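Structural view - saquinavir in its complex with Pepsin A.
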Amino acid sequence: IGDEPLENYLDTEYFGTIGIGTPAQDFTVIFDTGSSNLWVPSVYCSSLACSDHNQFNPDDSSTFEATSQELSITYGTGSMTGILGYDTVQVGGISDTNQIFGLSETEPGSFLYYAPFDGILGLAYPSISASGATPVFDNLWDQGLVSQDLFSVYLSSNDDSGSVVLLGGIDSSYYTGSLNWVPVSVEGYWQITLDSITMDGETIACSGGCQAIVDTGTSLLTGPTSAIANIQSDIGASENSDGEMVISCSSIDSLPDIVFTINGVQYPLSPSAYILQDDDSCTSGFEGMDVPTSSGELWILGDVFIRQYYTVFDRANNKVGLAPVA
Ligand SMILES: CC(C)(C)NC(=O)[C@@H]1C[C@@H]2CCCC[C@@H]2CN1C[C@@H](O)[C@H](Cc1ccccc1)NC(=O)[C@H](CC(N)=O)NC(=O)c1ccc2ccccc2n1
């Protein structure tokens, strides 16, 4: 069982350190359950974002193996192109030998330039991995480096330390009650069916159900634009002249919970969860973002949600487990 500590950066980004190569070259990466590739910047990249982050240098590792397979990934925000290579990846105390990963060659645009972290470590299914690159957790399982085919995630609140990804285990001290298991509706993302979103026992979005993903790599709780506007209206949020969904810090205390029903079970978020506070600057924890799929538009249950619920991602089962944080 491997234990990867995560830094909680401003309750907005959670990343941990990994080593790549021999000897290990270190990188910070988002542990991202909404994607499946591992990549880091490399010395082959001249983009601005590569210039202000740690760069992998294959010529300094005795265990690197080149490939000629190319890689291209577009995220919600940010994108990269690169080349795949193999090396040993030290993650959560495990030596992940023979791990295929991306060496960036372009990282265009500005979001990544300002980001504290170097790269991304995807924890989703191989079906959404670009160039069909074996994801890290799949490689760990395939090599028998974890005995149970599952991992769990605790994300801390209030910028505290203690966030972790537990590779190959579940630690019950992080949660109250027993885990509620939710079947994966579509295997690619960790995608599940949301049954309803309610406030004061009135349904306010996702009438008749809707698809959602559990995504540690997304800060906010996102959903279709029109539905989110309604929610924002419902919690009394309004965009300021600077493009920021502002809310009076007094509402944290007046407002009711917003309840997510998942596999027939209620998962409330109190105002203190769905409203972000920073010394009398309070923004909405909801953000409108349209994510079209075959099935339907996706909701994203990001860090706003995950901070409240210890999450188990079970590949043996194809289930997500949830329970309220301790
Ligand atoms: C959703 C949003 C608020 C924009 N947040 C993010 O995107 C953060 C931003 C972070 C900083 C920069 C680098 C990426 C990380 C991780 N991501 C979360 C990350 O978990 C994100 C969640 C997501 C899923 C689907 C659609 C959009 C967004 N996943 C992704 O972005 C995955 C990555 C992949 N190729 O597998 N991308 C897609 O699934 C993707 C992107 C663009 C598309 C355009 C047309 C058709 C299909 C498309 N699919």
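Throughout, numbering of the chain's residues begins at 1 and tracks the sequence. Each ligand, and each atom within it, is numbered from 1 in the order the structure gives.
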So if I count the atoms of saquinavir from 1 in the order they appear, which ones are less than 4.0 Å from some heavy atom of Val291?
25 (C), 26 (C)
Does any N or O of saquinavir fall below 3.5 Å from an N or O anywhere on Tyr189, backbone included?
yes
Any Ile30 heavy atom less than 4.0 Å from saquinavir:
no
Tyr75, any N or O under 3.5 Å of saquinavir N or O:
no
I'm curious which UniProt active-site residue of chain A ends up closest to saquinavir - could you give me that plus the heavy-atom distance, rounded to 1 Å?
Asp32, 2 Å
Can you help me figure out which UniProt domain of chain A most of the residues touching saquinavir belong to?
Peptidase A1
Selection from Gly302, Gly76, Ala49, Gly217 by shortest heavy-atom distance to atom 8 (C) of saquinavir
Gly217
What residues line the site of saquinavir at a non-hydrogen cut-off of 4.0 Å?
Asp32, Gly34, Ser35, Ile73, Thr74, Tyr75, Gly76, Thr77, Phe111, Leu112, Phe117, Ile128, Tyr189, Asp215, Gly217, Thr218, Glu287, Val291, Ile300
